[PDB]
**Q** 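Complex under discussion: tenidap bound to Chloride anion exchanger.
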Number of protein chains: 2
Amino acid sequence: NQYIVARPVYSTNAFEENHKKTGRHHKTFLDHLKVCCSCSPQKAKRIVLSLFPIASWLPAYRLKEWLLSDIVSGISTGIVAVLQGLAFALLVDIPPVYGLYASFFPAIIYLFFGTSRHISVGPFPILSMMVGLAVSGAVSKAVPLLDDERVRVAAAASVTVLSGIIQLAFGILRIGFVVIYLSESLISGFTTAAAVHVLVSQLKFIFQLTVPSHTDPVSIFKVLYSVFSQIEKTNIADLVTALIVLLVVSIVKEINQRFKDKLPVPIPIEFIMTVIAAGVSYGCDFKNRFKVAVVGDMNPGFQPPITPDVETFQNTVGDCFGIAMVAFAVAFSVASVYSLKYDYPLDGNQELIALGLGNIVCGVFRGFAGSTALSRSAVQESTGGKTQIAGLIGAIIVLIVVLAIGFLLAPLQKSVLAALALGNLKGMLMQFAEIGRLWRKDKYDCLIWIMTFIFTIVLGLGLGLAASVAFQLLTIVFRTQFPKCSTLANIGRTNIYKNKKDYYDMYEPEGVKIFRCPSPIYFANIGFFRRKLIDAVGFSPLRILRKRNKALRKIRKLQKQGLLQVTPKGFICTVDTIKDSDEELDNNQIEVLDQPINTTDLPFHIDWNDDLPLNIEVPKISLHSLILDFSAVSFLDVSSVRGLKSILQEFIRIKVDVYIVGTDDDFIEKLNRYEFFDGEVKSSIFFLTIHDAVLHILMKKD
Amino acid sequence: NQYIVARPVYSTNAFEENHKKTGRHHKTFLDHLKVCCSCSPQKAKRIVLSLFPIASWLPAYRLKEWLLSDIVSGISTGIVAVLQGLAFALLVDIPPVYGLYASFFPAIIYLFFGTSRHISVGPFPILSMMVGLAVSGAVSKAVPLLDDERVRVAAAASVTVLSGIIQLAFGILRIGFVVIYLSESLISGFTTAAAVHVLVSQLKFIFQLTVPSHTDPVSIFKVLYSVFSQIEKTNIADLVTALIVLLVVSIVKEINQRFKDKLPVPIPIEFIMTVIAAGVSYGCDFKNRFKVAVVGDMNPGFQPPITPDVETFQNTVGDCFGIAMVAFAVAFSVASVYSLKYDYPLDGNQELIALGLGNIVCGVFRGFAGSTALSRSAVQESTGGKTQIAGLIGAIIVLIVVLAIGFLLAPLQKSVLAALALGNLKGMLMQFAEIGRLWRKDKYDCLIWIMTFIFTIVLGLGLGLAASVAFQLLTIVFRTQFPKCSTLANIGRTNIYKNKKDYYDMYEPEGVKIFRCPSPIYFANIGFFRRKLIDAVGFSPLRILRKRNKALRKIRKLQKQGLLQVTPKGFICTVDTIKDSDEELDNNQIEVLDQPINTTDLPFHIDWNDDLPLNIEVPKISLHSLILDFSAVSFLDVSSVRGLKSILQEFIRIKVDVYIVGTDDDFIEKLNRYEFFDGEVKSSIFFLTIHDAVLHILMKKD
Ligand SMILES: NC(=O)n1c(O)c(C(=O)c2cccs2)c2cc(Cl)ccc21
Ligand SMILES: NC(=O)n1c(O)c(C(=O)c2cccs2)c2cc(Cl)ccc21
Ligand SMILES: [Cl-]
Ligand SMILES: [Cl-]
């Protein structure tokens, strides 16, 4: 293995001169506007087919290989949807039939507009809690039992419609890339804090206590206080039933995971528990005997369309944005796992449109907002679901319950529903281990997990999320705030330059400094960069320039007085031991000491690093060349270029050659727009590599 | 010029093996605690001298060269401080003597604790507006015309004390670097919007109209409606006087800038206008004759110390955080200008401590918050100010007015003070030109400017700033969100690799792809990076792996059937035209096709890119080596590392050798903590440069 190279030393300009470029186009935004104005029938076709995905997947359905799978998966998911709809309607604090509406409408809409083939569309616990909190606030801000339920049901429907409107708007504006602004640490911390929120929310049903409609901030603490202050009023029958169901479901749930091979089909413990709980409750007349809360009678059939309330929209708009983003983020994440697994394209923009339309329709018909539940989606997929036909079948199961078999669920205890929801919390609850994992791998990510968790707990799920996204953006600045700048040296007398402090027997060419900032330089960075560069070269170039300008002034003074006489050969100290009086420039004249030194007046050059006439003294510097390794400087901003231009001008005015190496062509293209180059800062300072600049410097000094 | 290199090809591990590394001394956090816990006698001296800068600069005072200069600067600044205090107390909507308190107390405290030598400490218009808005809100949120003034004075004093407490806390915690989080575009947009706010705030005094205490959001609009709704009630005498003063001052101000060379000393148009205005008002009895609003009778003396109100603290903590941050940012910017001009160190933490103590004392003695006015600081410096003795003499002038000669300012109209404040707006209002300039230079900074302006106009100064800082952090993600990734090729047949689309006669070694991402890869980035890499290589490695696994499965099945035999020379097709039978794997078995292929059962090796038996087909790829140019990848985060590892694992599983080049040693050190390396992803994939990896690949293929 030999790395052997023989080429010219290349400055970036010299390289462009010797190597012809290719034609480039600006791709004017007007051109983008031009392309948008296509109207080609094929484009129209693709667009409509993009907006109505069912017209493409339905016709290509493999009936023989997919129908039975979707039918079986649909029945399974349909049952889960019914029970989860009831439970999550409890979480919204409205009658449980509206959870059935929330499990029905969004899914039917998704069948026509969704691009995912595996998610089960409907409510999930975090969004139901967020909707319930939005409702409590809306009601509290409304200028003046069943009546209270009516108001909550109306506020929930309005919140749902506004969330769907926001989602649909974001999908029409093609901003489905917003999910990228959420890191995995943020999602982990947020979902752990949200699992704690859900746990606390189920306590009023486990104990059967009456808890006020608390709002954020610190609603979780407010609820905990409400639950524990009145803990003696707890219904024992509710608690025991909840404990038994929770204990049994968890034991059986683990068995399914451990013994997947041994089992022909997983035991459906959650379904078995509800049927048994409902049967026993009905059989032993638990509602009368132990005064247990039960699901109760639900009137069959759907509600008539409700008009969204504009007053509610004004009151809850901030909440709705949080609800819309959370709904989209969760759905997209769940969908992504499946699309990747099954190798099909998932369109983020279409998902926003589909989820948004589903929500608007659901809200109008009195259901609450939901996108997808990870547990329900897993069931649809694990039971063999192939397409969104499984989702349609599931919706039909929900419809049957809503229209004909709703009465069967009447004797089911609320605590049992709450206990099932608690069982699903374990996956999310196990995310506490991530803090330790993150701590070893990356402190910034660990900080993000912790801040997100704290923000989600103290402020609510919605406000906490906004604060968490802001803090996670701030950590990007934390990462690049104090870059580990370095001085580089040559290793092995070849073209390799590394940290001057890392290896033995390194070599700096005499009078050359090579400085590296391993980060992009911008507003939060450039002062630190200047401090580190001045520490690396060992002096401040502006201080040196000011001391030289002062000396030049004294020299000119003595020259005019006569004590000093100019000469082709240096200077004449006509008068020895001369006077010692400083000019003491005023506040309005001191700026002259910062101007480029011009000594043309004097015929000869003043070597500023050699002795000066008449004891005049100025710090001497050995630096004649400064190389800035800009390979890791990704971008620059106006502050960095202003600061940069400033630093470079100062080095150049003190006769030190400056070289910027390791940048690409886009970089110099960008730097040309900033009006960076002029006289006394030229594009000649850019070289290809550190070794190009070093060899150029050595030839100059030769 | 000739770049001539002859060295070995170096993998990062090989280079380290061949070049001994120096002592890697880790820095223990406990050790930091140890160094922080030194308590040496000299260290104590340095700390106390740091907290009491006066004990350091006073003894070194050059009486002969500074005394007179500081005296003249002090008298000049003291006069400006009196008038600016009265005007800015108008902006706080309290009696104007509290502006005199605000000009007195913080300057006296800063004399002892400040590190700057040129700023004039006291109120400025933006902070007075912010304090006035905080008071209005506090008053409203309080639970149940002198009394109104009394309530407003108490709330202003409490807001001042809490702002000072926050500043002092930030200074003790050594967080004076927070100033870096404000870009120049943000500051420009914010100060232009704040100048518009100040302009609108002066209209009730120019016209002499009664305006309610409007709060934010959109307070600027609320006030404008109130002003022009009553425009008919305008006092003309006030207006005319204001216009004349504003006109004369503006014209003469211009002359001072234009005729500095011809002028021995700047004309004091603001003082002359104030003296003439007050004289005519008294002489012609303007208060009675034209019913004009005058400054009125101020009672001489200071107020007794007042106790901060905790209720006001609770109601204003957020406004007080905003006030503290704005005060420190303004003071530090002005002080940094002057400390760079005169080359002396400026301690930001000490600055935070001094301003906090000054604000605490001012608020206790019924003044309001203030850090420094650029207009007054410039006067102190321009008039010859050398040390903070000029600030002491200015505070003595303010004291003389408060105690003895305040009655002289009784007949001065408020419209004149408002007109004087308007004169100072010109510098900030001309910043509107920045939009066009920044548009040409950098559209992200133009966006920061415009959004800061809009946030500060719509929301207020405090909330606008918070929203603007958040948006400016979001623009950093906007910059690095969709990196312009590229494929590189060789130019010149030497170690230079550039964008494959930029030059003619470039060369890619056959089967090698070189991909560059010119940005750090983090969470908002890695999905885009994967998409671009898959577009660059021309296939998805996971799709190729899944198809090969399917082929292998069919093969093994046919081999089981016997229809296929195995030879070191290939596969025997005893039976041809096989019955195609896709296994149609179900949802729970499909993940097997994503696993590393282990065809060790077979004696030979299946050239996956040659033709397979019985028409078994798999997409063929020409890629055998992928080089990732990571020179501009500053940092990685957990999401990016996970995404990176997944990508690499997939490429390795389809037998594509992967190389990462151009990183430094800190990078690999960091990557070792993420548990990135294991079997099948080794540190052998890191090479020094692109040419090292290319030459290694070529030797492997030889
Ligand atoms: N398989 C699986 O994971 N399941 C769940 O997670 C369920 C639930 O979470 C809830 C029901 C009510 C509130 S939560 C669930 C229900 C049924 Cl009927 C069948 C499977 C189920
Ligand atoms: N030189 C300069 O810039 N000056 C200003 O900007 C002044 C003011 O802004 C105000 C006075 C009252 C309300 S504002 C000012 C005042 C005086 Cl007496 C002398 C110079 C001044
Ligand atoms: Cl779930
Ligand atoms: Cl000012």
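Chain identifiers are assigned alphabetically from A in the order in which the sequence lines are presented. For chain A, we keep the numbers from the PDB entry: what you see runs 7-150, 168-725, in order. Chain B is numbered as in the PDB entry, which gives 7-150, 168-725 for the residues shown. Atoms within each ligand, like the ligands themselves, are counted from 1 in listed order.
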**Q** Where in this structure can tenidap be found, counting every copy?
**A**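 Short answer: ligands 1 and 2.
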**Q** Under a 4.0 Å cut-off, which other chains come into heavy-atom contact with tenidap (ligand 2)?
**A**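 Chains with a heavy atom that near tenidap (ligand 2): B.
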**Q** Which residues, given by chain and number, touch tenidap (ligand 2) within 4.0 Å on a heavy-atom basis?
**A**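 The heavy-atom contacts are B:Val86, B:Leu89, B:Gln90, B:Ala93, B:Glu293, B:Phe294, B:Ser398, B:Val402, B:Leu443, B:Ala444, B:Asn447.
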**Q** Return the closest protein heavy atom for atom 7 (C) of tenidap (ligand 2) as residue, atom name and distance.
**A**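 Ranking protein heavy atoms by distance from atom 7 (C) of tenidap (ligand 2), first comes B:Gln90 NE2, 3.6 Å.
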**Q** Do me a favour and list the nearest non-hydrogen protein atom to atom 18 (Cl) of tenidap (ligand 2) with residue, atom name and distance?
**A**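 Residue, atom and distance for the closest contact: B:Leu89 CD1, 3.4 Å.
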**Q** Check each atom of tenidap (ligand 2) against the heavy atoms of B:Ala93 and keep those under 4.0 Å away; list them by number with element.
**A**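 Counting atoms of tenidap (ligand 2) from 1, those under 4.0 Å from B:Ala93 are 13 (C).
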**Q** Looking at heavy atoms only, which transmembrane segments of chain B, numbered from the N terminus per UniProt, come under 4.0 Å from tenidap (ligand 2)?
**A**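 Counting from the N terminus per UniProt, segments 1 have a heavy atom in range.
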**Q** Show me which atoms of tenidap (ligand 2) lie under 4.0 Å from any heavy atom of B:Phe294.
**A**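 Near B:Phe294, the atoms of tenidap (ligand 2) are 18 (Cl).
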**Q** Enumerate the atoms of tenidap (ligand 2) whose separation from the nearest heavy atom of B:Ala444 is less than 4.0 angstrom.
**A**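 Every atom of tenidap (ligand 2) under 4.0 Å from some heavy atom of B:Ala444: 14 (S).
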**Q** Any idea what organism chain B is from, going by the entry?
**A**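 The entry lists the organism as Homo sapiens.
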**Q** Counting from 1, what tenidap (ligand 2) atoms have a heavy atom of B:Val402 closer than 4.0 Å?
**A**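 So the answer, numbered in order with elements, is 1 (N), 2 (C).
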**Q** Has tenidap (ligand 2) got any nitrogen or oxygen that is less than 3.5 angstrom from a nitrogen or oxygen of B:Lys276?
**A**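 Not met; the criterion fails.
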**Q** What residue and heavy atom of the protein are closest to atom 19 (C) of tenidap (ligand 2), and at what distance?
**A**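 The protein heavy atom lying closest is B:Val86 CG2, 3.0 Å.
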**Q** Suppose we measure from atom 6 (O) of tenidap (ligand 2) to each protein heavy atom; which comes out shortest, and what is that distance?
**A**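 Result for atom 6 (O) of tenidap (ligand 2): B:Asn447 ND2, 2.4 Å.
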**Q** Among all protein heavy atoms, pick out the one at the shortest distance from atom 16 (C) of tenidap (ligand 2); state its residue, atom name and that distance to 0.1 Å.
**A**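 The answer is B:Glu293 CB, 3.6 Å.
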**Q** Output, or 'none' if empty, a list of tenidap (ligand 2)-protein atom pairs in which both atoms are N or O and the distance is under 3.5 Å, rounded to 0.1 Å.
**A**
{"unit_1": "tenidap (ligand 2)", "atom_1": "6 (O)", "unit_2": "B:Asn447", "atom_2": "OD1", "d": "2.6"}
{"unit_1": "tenidap (ligand 2)", "atom_1": "6 (O)", "unit_2": "B:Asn447", "atom_2": "ND2", "d": "2.4"}
{"unit_1": "tenidap (ligand 2)", "atom_1": "9 (O)", "unit_2": "B:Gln90", "atom_2": "NE2", "d": "3.1"}
{"unit_1": "tenidap (ligand 2)", "atom_1": "9 (O)", "unit_2": "B:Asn447", "atom_2": "OD1", "d": "3.3"}
{"unit_1": "tenidap (ligand 2)", "atom_1": "9 (O)", "unit_2": "B:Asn447", "atom_2": "ND2", "d": "2.8"}

